[PDB]
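Structure, BMS-852927 included.
Chain letters follow the order of the sequence lines: the first is A, the second B, and so on. In order, the residues displayed for chain A correspond to 219-241, 247-253, 261-458 in the PDB entry numbering, which applies throughout. So for chain B, numbering is the PDB entry's, and the shown residues are 219-243, 247-253, 261-458, in order. Determined by X-ray crystallography, 2.4 Å, according to the entry header. Whatever order the structure lists ligands and atoms in, that order sets their numbers, starting from 1. Below, all heavy atoms of this structure are taken into account, side chains as well, without hydrogens, waters or symmetry copies.
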Amino acid sequence: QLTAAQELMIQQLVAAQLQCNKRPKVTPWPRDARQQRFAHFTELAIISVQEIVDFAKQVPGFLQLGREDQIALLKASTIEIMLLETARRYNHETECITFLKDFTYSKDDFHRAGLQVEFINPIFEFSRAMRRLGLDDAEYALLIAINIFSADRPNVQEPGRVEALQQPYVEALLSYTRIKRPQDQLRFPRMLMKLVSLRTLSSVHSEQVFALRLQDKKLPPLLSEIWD
Amino acid sequence: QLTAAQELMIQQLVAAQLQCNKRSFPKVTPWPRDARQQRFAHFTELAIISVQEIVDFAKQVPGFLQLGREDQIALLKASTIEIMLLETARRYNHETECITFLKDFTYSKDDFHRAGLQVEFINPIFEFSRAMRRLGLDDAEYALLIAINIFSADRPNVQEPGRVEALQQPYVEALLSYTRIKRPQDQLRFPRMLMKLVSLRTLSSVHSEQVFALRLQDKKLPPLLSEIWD
Ligand SMILES: CC(C)(O)c1cn(-c2ccc(-c3cc(F)c(CO)c(S(C)(=O)=O)c3)cc2F)c(C(C)(C)c2c(Cl)cccc2Cl)n1
Ligand SMILES: CC(C)(O)c1cn(-c2ccc(-c3cc(F)c(CO)c(S(C)(=O)=O)c3)cc2F)c(C(C)(C)c2c(Cl)cccc2Cl)n1
């Protein structure tokens, strides 16, 4: 059963998301060009951040939070929301990512703005895994809102309230996926599991030079010892 | 209605969870500068046992021994910390607000902070422990969530991710059913468990930001603990 409350809420989510996108002054897509490209992407991100602020203000429940927690929520989730939105715009065929519905970008374009391959591959890796899933726009809208309302982000002063406001969007995703693919039942938990790997991706962008990890291939000798 | 096949998967989890623990009940350097250092040395010892227990447990998890060694190790290295947080949660008592390590060893927030460990890490643990406690999990539910956690394909250095994700499927599915049979009317309780694997991702990476803390005591981390942890 989609409740009338749900069915209206998802319409508001999807319309809020559309009304974001259709809202050019950006340095045109082309040393100078590799900088032009880099600044191109910088401005792509800048607009992205503002979209995500405007989407959020329209998520029932959001503007009811304390202003501090609103900000704390958006700080923490911007890069996860950017990632999810990019997966949303990933075209699996052309193997390309479409920004401002129109401009198309492949690995190579990103490498050529001088970008960290070590982070472009994860991006792409994420987009393809999301593709398998077959999300629609309601599903991403809903996944985003759930992602906005994470009680565990730093500087949340009212986590229990954040956590109560999350629940509406967890129920609606739960019902939407039960109606959409009723013979599956693991598509719901699989979507939510991407929020897990999505948190690890995110923490890699912001990694501190004093807390860099990555061991690579080679096995831990001492753990292997313990193993047999 | 939990299938017979899942019940048995679950019995196997709960039984290994129990063989795990029963193993060790001590030789851990006794609880009391010297004061601080002997406390952290104690916890350091507790962490080493926990590693043995986690390795012993994951061995007994259906399907684990079927992965390649490389992958087996990779998976363990990356989850050790999350499993340790998940098992600290389970050992958390919200009336006394204490964590029970081993059997009957009892620790409060201030025990840990008195070992030189920092608020930035210890508090989130106790916040996370408290949150888990409101979930009301029983042992199967933990054993299952730990297995789901072990089977995470997106781990650093994993060569058969498809094989590990597929292994993760029967554990999610068994959790789903186990939760709907246990609170047939609280259908958000399951998502709320899954969201916790998310939280733990973050806790794990808050842990990796502790090196200044450890790199400055000038007595070294046991080497197992050194690699498991960096
Ligand atoms: C240049 C710099 C600072 O390194 C840099 C810049 N961006 C960057 C950030 C966000 C967007 C982006 C994400 C979106 F969801 C949307 C949709 O609202 C849009 S857009 C054009 O308004 O349609 C733009 C594009 C980017 F290129 C990045 C990173 C974060 C790597 C990045 C990159 Cl490339 C692609 C995809 C995701 C991410 Cl998150 N890095
Ligand atoms: C001081 C040092 C060496 O840096 C350090 C050490 N530990 C530490 C790590 C694991 C365990 C622990 C976890 C378990 F799941 C279990 C049960 O298997 C047990 S036990 C005694 O076998 O019952 C012991 C206890 C600890 F004290 C920690 C941190 C990681 C903060 C820590 C602390 Cl305190 C409590 C809870 C989680 C975490 Cl992860 N840090």
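By contact count, the main macromolecule holding BMS-852927 (ligand 1) here is known in the PDB entry as Oxysterols receptor LXR-beta. Chains with a heavy atom under 4.0 Å from BMS-852927 (ligand 1): A.
Counting heavy atoms within 4.0 Å, the binding site of BMS-852927 (ligand 1) comprises A:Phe268, A:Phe271, A:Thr272, A:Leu274, A:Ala275, A:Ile277, A:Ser278, A:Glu281, A:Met312, A:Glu315, A:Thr316, A:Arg319, A:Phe329, A:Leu330, A:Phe340, A:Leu345, A:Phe349, A:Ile353. Within the 4.0 Å cut-off (strictly below), a protein heavy atom is located near atom 27 (F) of BMS-852927 (ligand 1). Atom 6 (C) of BMS-852927 (ligand 1) has as its closest protein heavy atom A:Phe271 O, 3.6 Å. If you check which protein heavy atom lies closest to atom 36 (C) of BMS-852927 (ligand 1), you get A:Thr316 OG1, 3.4 Å. Within chain A, UniProt domain annotation places most contacts with BMS-852927 (ligand 1) in NR LBD.
For chain A, the PDB entry reports the organism Homo sapiens.
Remark: atom 2 (C) of BMS-852927 (ligand 1) lies closer than 4.0 Å to no protein heavy atom. Considering backbone and side-chain N/O atoms, A:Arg319 comes within less than 3.5 Å of an N/O atom of BMS-852927 (ligand 1).
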